[PDB]
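Each sequence line gets a chain letter, starting at A and going down the list. Per the PDB entry, chain A residues shown: 50-1033, in order. Residues 30-290, in that order, are what chain B shows, numbered as in the PDB entry. Header lists the method as electron microscopy, 2.8 Å. As a basis for the values below, the full set of heavy atoms in this structure was taken, side chains included, without hydrogen atoms, waters or symmetry mates. Read the numbers this way: they start at 1 and go in the same order the structure lists the ligands and their atoms.
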Amino acid sequence: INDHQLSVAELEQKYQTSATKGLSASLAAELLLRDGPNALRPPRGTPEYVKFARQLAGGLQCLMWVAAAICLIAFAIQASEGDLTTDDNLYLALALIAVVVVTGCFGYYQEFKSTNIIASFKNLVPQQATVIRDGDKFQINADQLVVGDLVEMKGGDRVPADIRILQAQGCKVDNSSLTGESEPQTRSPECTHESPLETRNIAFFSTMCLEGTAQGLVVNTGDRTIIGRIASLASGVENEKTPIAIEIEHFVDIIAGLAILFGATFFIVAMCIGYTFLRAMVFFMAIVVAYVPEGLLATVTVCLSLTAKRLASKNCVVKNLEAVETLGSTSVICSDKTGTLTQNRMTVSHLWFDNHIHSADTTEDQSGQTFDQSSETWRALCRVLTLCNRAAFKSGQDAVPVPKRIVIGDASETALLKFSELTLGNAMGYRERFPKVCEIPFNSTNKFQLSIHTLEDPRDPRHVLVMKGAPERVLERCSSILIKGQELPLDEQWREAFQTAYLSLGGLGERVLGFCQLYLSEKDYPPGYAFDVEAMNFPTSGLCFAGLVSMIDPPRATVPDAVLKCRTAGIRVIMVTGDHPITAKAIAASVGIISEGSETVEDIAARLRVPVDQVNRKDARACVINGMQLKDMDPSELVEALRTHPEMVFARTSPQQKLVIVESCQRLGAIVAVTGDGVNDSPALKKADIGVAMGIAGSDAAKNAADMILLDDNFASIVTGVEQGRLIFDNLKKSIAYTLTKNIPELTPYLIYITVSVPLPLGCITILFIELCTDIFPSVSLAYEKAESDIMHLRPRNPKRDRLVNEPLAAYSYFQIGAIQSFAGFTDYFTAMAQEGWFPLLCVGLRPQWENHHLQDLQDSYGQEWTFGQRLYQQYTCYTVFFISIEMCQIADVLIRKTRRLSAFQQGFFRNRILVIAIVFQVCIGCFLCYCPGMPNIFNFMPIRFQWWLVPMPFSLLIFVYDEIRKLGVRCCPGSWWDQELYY
Amino acid sequence: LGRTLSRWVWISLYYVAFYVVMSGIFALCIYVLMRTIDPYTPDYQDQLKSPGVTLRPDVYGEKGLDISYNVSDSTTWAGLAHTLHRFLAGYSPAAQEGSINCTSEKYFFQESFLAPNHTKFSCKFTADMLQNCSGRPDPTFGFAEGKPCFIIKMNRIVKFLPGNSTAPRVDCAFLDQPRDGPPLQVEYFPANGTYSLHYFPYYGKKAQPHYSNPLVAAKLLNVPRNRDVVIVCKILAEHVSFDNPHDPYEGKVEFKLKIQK
Ligand SMILES: CCCCCCCC/C=C\CCCCCCCC(=O)OC[C@H](COP(=O)(O)OCC[N+](C)(C)C)OC(=O)CCCCCCC/C=C/CCCCCCCC
Ligand SMILES: Cc1nc(Nc2ccc(F)cc2)nc(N2CCc3ccccc3[C@H]2C)c1C
Ligand SMILES: *[C@@H]1O[C@H](CO)[C@@H](O)[C@H](O)[C@H]1NC(C)=O
Ligand SMILES: *[C@@H]1O[C@H](CO)[C@@H](O)[C@H](O)[C@H]1NC(C)=O
Ligand SMILES: *[C@@H]1O[C@H](CO)[C@@H](O)[C@H](O)[C@H]1NC(C)=O
Ligand SMILES: [Mg+2]
Ligand code: NA
C-alpha cells in the first residue's frame, strides 16, 4: 500500500534510484542476486508414481487391500495347521490385487489423457521488456527486471512487472484477469484510492497496455506480485473429498459393518457347534472377505468413464473421473462475471435515436433479435459512425466470423467497426472511398474526433462533417438534430429527453457516445480548397445531432437460458465479480440471475422516495453487496444475509473475498460449484467442490485449479453436466444394487457347508467367474438407462439424507433377492444330487466322508459305491449347476434393476440395446463355460443337463413378479408404509 | 434406535412372513423332487461310467496305499490281520442267511420282486470260497510267511453289466519294475480269480438289502524282501475301463508293498 501512496522524492531515497537516470548497474546486479528472478515460482512437486499411488488408493481400494491382507493371513493360519486346498486364498487375493491395479491404471490413463488434451493451450513467451540503464535504453528479459528499475511501456506490451507509473499519456490497460473489470482502465500518475487494484498510478504483472506510452518504477517482483500473491493463496487452498468419494466411504462402512456382524454371529455359531477356535477364526475371515465385492470397483470406474466420454463429446473435459458426478449434486453455483458469463469484449448494445432506444444483437454468432433498420435516420447515423471510425481489420480474414475477427485500434473503435460490418457488409471498403481531407483525432482539449468527407456522387460534392465524442461535450455543440429523417431545431423537450436517455443508458453501465453531422455546401467551401486543421475555419458549432450508441460487454449467447435451466433445477446462482456494481447488476438482470420484478433496497428507496433506514429489507428480493460492505461484515451476518436474500450479486470482490464466499457456502452444508476464467478465480476454483474453467478465455491458474474445463467456452455445457451427474447417481445406485444382490447367493452355500456339513455346493473359481467375468457387463449396461422422471424439475439431493447406498437398498438386495437366489440355487443343487443318487437327507452331515481320500467306496442312497474322483466330479457338477442358477436369477435381476419406480412395461424391455447384448453375452459365456471340452480339468465346470437349466427359471420369474408388484404398490400409494419401507 | 418400536416390529413381521413363504416354496420344491425320483434305480448315472476297485487291508501311508511289515515282529501285521478278520466277518454264513445258493453261471436278471418283503434275490458269497486266504487254517492270512493275501473288491453299480464274453477277472502285476527280476506270481481265490457272472447286475439297496459283493483274494508268492515294490491289480472285462488319469482307482488299484526281513 505504501508503494503507490509515496511520492517521487521519498521513493528516490527508499529504493536508492533516480526518477530519470535509473538504477545503478552494480546495484541492479546485486539486487537481482539478493531478491532473485522476477519469474513466478512454479510448483513442480508432482511425480508420476505419486499420482499412480493416489489412483491406487480410496475407499473401495482400501477395503479390497484389507480383504487381500485378510486372505493372506488366513492362508498363513491354515498353513500353520497344514491344511489342504488353500490355493483359493491366493486366487482371491491376486484377483482383488489385479482388479485394483487395472482400475488404477485405467483411471491414471484417463487423467493423463485429459491433462494432455488441456495442455495444448499452453504457450510460452519470452516476454522481452524495455528498461533504461546507464542512460541508454535497451531490452532485457522478463525475469531480469529488478526492483526499482526504470521501465518504459507502450501499446501491446505485457507489463513484465508491477510498476508504479511516473509518466503516462493516455495509457489504457486491461485487468480482466487480475481484476474483474471488463472495461479498459486508464493508468495516470495521479493517485487518490487506497486499494492498490483500483489505484490508477500502478500497473500489474499479467496485464497488457492496450494503448498509450508510459514510464515508471518497479515496486514488486516475483511471488510478491499481485498475481504471485494470488498464486500463493491458491496454493494455500487445500482440496477436499468429492461427494461421490464420501458416498463410497459411507457404502464401505455399511459393507464392513454387515460383514463384521455376520462374521461374529457365525463365529459364535462355530463355537457352539464344536469347531476348533482357529477354524472358527478362519471362517470369520472367510465371511468378511465374502462380503467384499471385487468386481464392483471395476463397474464403478467403467460407468464413470462412460459418463466422462459423454461429457467429452460436448467439449467438457474432466481432469478426474469422480468430478463427473459433482455437478449433479451441486446446490450452489458461484459464477464469475467478466469472461465467464460475458464475452470480455466491448460491443455495441443500444442505440438511442428518433426518441427511441433500439437494442442491437450482441450474440457472438448473431442469432438474436435485430432492430428496425428501415429508417433514413438509421442510414444517416450509420454513415456517421462508419466515417468517424478509424479502426482497421487484420488482413487475411474473410471467412472468419465478424465478432471473432481481429481488429486493431481502441476497444470502442473495434466495437464500432464490428457493428458497422454487421449492419453493413463492406464498411472497410466503404471507408476508403470517402476522402479524409480533414481528420482530427481525439484531443485532451477538443475531446472529440472530427472528419470532413467528400461525397461519392459526382453530381453532389458537398462536404460532410462527422463528429464523435462524449455526450456532455457533444450536446452543447449542436443546434439541430435528425428526427424522423428531417432536420429539427433543438428545444427544451429535446434536451430533457437527451438527458433522460443518457442517464438511463449510463445506469446500465454502458458507455454512451454521441455522434453528429453537418453539411458544408460548396458556396461556403470550394471543392478544390483544402481544409486546414489548425486554421479552425469550420463552424465547429450548430451541428445536427444523429443519435447515441451505448456499448457494454455482453453476455454469451447460451448464458441466459443455461442460467434459467439451472434455476429451474433448484441450484441457486450467485454472481461474484470484481467489477463495478452497476455493470454487475445490469449483467445479472440480463442473464436472469436477478429475475424480473425483483428489486433491491436501493430500487425500493427510489420508488417510495424513502431513506434506506425505513426501507424494509425483506421487501427487496435482490441484493448487491460491495467489497467494502463485505469486509465490514462478519461470518454470522454474512450467513444471515446469504439466508435472507434468495438472489444475491457480489461486486468489487477480491480473490480472498471470493474464497471466503465459497467457504461460507460450503460451511453452511451445500455442494458448491465455481465457474471462472481468470487468476482471481483460481483460489475459489480450487476451494470449490467442482471448479469449471473456461477453455478459450481461461488463464493457466484457472485451468489448473479447476476440475472441469469447457473447451468450446459454452456455458450451456453446465446444464448437460448437472443432468449427467444426476443420471449417473441414479444409474450407479441401480448398478450397485445389481452387483450387491449376488453376494448372498455366493456366501450362503459356504455357511450351509460349514454348519450342516453337506458337500461343498459352490467353489471359489466359480465365484471368481461370476464376479469378474459374467456380471461386469450387465451392471455396466445398466448405466445406459434413461431417467424415469424429469431430471431438471427435481431439487438437488440432500447430501445428508440422500445417500448413494442406504439401508433400504442394502436390505432389499441382500436379503430378499439374494435369499430367493440362494433358495433357487439350493433347489437346483438338491435336484442334481438326488438325480445322481444322493438324496437330500443323506447329504446332511456327509462332508467328512465326502472329502476323505481314504474312502473310495462311499455308498449313495441306492447303495452304489463311489470313489473319491467320481465324488469330486459330482461336486464340480454341483458347482456348475449352482453357478447356472445364480446366472439365470441375475438375468431377471438386471431387468428388475432397470427401473426403481416405473414398471418394466412402462419403460422398454428392449429400449436398452446394450442391456440385451449384455444378457446375450452372459448366456453365451455361461454356455461356453459349461459345454467346452476339457473344462472340468481347468475350471471346475461340468456339462450339465438341460433339466437343471429350467429348475431356477421359476425363481427368476418369482423375482421379476415380486419386484414388479413392489414397484406397483410403491406407485399406487406414494406416502404409505409400503412406499416408506419398501422403496429404495 | 433409528425407527420407532411399531416400525421395527412391522418390518420384522414382514421379513418373517417373506422368509416363511420362501421356506414353504423351497420345501414344496424338494417334496416334488422327492416324489419324482425312482426308489430302485438311479435316474442319471453319469460319474459311475466304470466301477472303482478297492483293496483290503487298506493302509494309506502318506498319500496312497502303502503296506509294510516286519516278518520277525508279529505286531506289525497284527493290525492288518485284525482288519482282514473284521472285513471277512461280514462274509460269514451267519451273515449270509438272507441270500441263497446261486450257480446260474450267467447274468442273474430279475424283472420281478419274488423275494420276502417284496425284494429281489441276492446270490450269496461266503468267506470259505477264498479257501487258503479265508482265515482258516491260517489266521495270519499268509502274512507270517511273507505271502500276504489281498482282497480286491469292485464297487457295485445299479444295473451295471461287466460283460457276457467272460466273467470279469483280476490281474495283479508289478508296475515299477515288471521286466526286472522274475515276474510277480499270484495265486487267486476262487479259481482264475474271476467274479462269477451271477452276482451281476446290482439292483440297489432297496431291491437287494442283503446283497454281498463278490470277493477275489490274491496271494503274492514271490515278493523280494527288504525291497520297495509297487503292485497294480486291474480288472479285465469288456465294459470295465482302467485308463483314467484323474481317477487312479477306476478299474484298478495300485499300492506300495514293502515286506521287511
Ligand atoms: C434368515 C432366515 C434364514 C432361514 C434359512 C432356512 C430356510 C428354510 C430352510 C430349511 C428349514 C427347514 C428344513 C427343511 C427344508 C426342506 C423341507 C422339506 O420338504 O424337506 C424334505 C426332506 C425329507 O424328504 P421327505 O421326507 O419329503 O421324503 C419322503 C420320501 N421318502 C421318505 C421315501 C424319502 O427334508 C430335507 O431334505 C431337509 C434338507 C435340509 C438341507 C439343509 C438346509 C439347506 C437350505 C438352504 C437354504 C438357505 C437359504 C438362505 C436364505 C438367505 C439367507 C441370507
Ligand atoms: C471353499 C471356500 N474356502 C474359503 N476359504 C477361505 C477364504 C478366505 C478366508 F479368509 C479364509 C478361508 N473361502 C470361501 N469363500 C466363502 C464364499 C465366498 C463368496 C464370495 C467371495 C469369496 C468367498 C470365499 C471367501 C470358500 C467357498
Ligand atoms: C523288522 O523287525 C524285526 C524284529 O526284530 C527286525 O529284526 C528286523 O531287522 C526288522 N526289519 C528291518 C528291515 O530292519
Ligand atoms: C447252500 O450251499 C450248499 C453248496 O452249494 C448247498 O448244497 C446247500 O443246499 C446250501 N447250504 C447251506 C448251508 O446253506
Ligand atoms: C491251500 O490249502 C490246501 C489245503 O486245503 C493246500 O493243499 C494248498 O497247498 C494251500 N495252498 C496255498 C497256496 O496255501
Ligand atoms: Mg473473470
Ligand atoms: Na477440486
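Located at ligand 2, the drug is listed as R-revaprazan. In the deposited model, the macromolecule with the most close contacts to R-revaprazan (ligand 2) is named by the PDB entry as Potassium-transporting ATPase alpha chain 1.
Other chains within heavy-atom reach of R-revaprazan (ligand 2), distance under 4.0 Å: A. In this structure, the binding site of R-revaprazan (ligand 2) at 4.0 Å (heavy atoms) is formed by A/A123, A/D137, A/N138, A/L141, A/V331, A/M334, A/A335, A/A339, A/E795, A/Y799, A/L809, A/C813, A/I816.
When hydrogens are left out, the protein atom nearest atom 17 (C) of R-revaprazan (ligand 2) is A/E795 O, 3.6 Å; that is the closest non-hydrogen contact. Among all non-hydrogen protein atoms, the one lying nearest atom 1 (C) of R-revaprazan (ligand 2) is A/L809 CD2, 3.7 Å.
Intersecting the UniProt K(+)-binding annotation for chain A with heavy-atom proximity to R-revaprazan (ligand 2) (under 4.0 Å) gives A/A339, A/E795.
Ranking the protein heavy atoms by distance from atom 25 (C) of R-revaprazan (ligand 2) puts A/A335 O, 3.4 Å first.
Nearest protein heavy-atom neighbour of atom 11 (C) of R-revaprazan (ligand 2): A/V331 O, 3.4 Å.
Remark: R-revaprazan (ligand 2) and A/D137 share an N or O pair separated by less than 3.5 Å (distance only, no angle test). Near A/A123, the atoms of R-revaprazan (ligand 2) lying under 4.0 angstrom from a non-hydrogen atom of the residue are 9 (C), 10 (F), 11 (C). Taking every heavy atom of A/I816 and a limit of under 4.0 angstrom, the matching atoms of R-revaprazan (ligand 2) come to 17 (C), 18 (C), 19 (C), 20 (C), 21 (C). A/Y799 CD1, 3.6 Å is the protein heavy atom nearest to atom 27 (C) of R-revaprazan (ligand 2). Nearest protein heavy-atom contact of atom 24 (C) of R-revaprazan (ligand 2) is A/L141 CD1, 3.8 Å. Nearest to atom 23 (C) of R-revaprazan (ligand 2) among the protein's heavy atoms is A/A339 CB, 3.9 Å.
Summary of contacts: the protein heavy atom closest to atom 8 (C) of R-revaprazan (ligand 2) is A/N138 OD1, 3.1 Å. Those atoms of R-revaprazan (ligand 2) with a heavy atom of A/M334 less than 4.0 angstrom away are 9 (C), 10 (F).
Measured from R-revaprazan (ligand 2), the transmembrane segments of chain A (UniProt order from the N terminus) holding a heavy atom under 4.0 Å are 2, 4, 5, 6.
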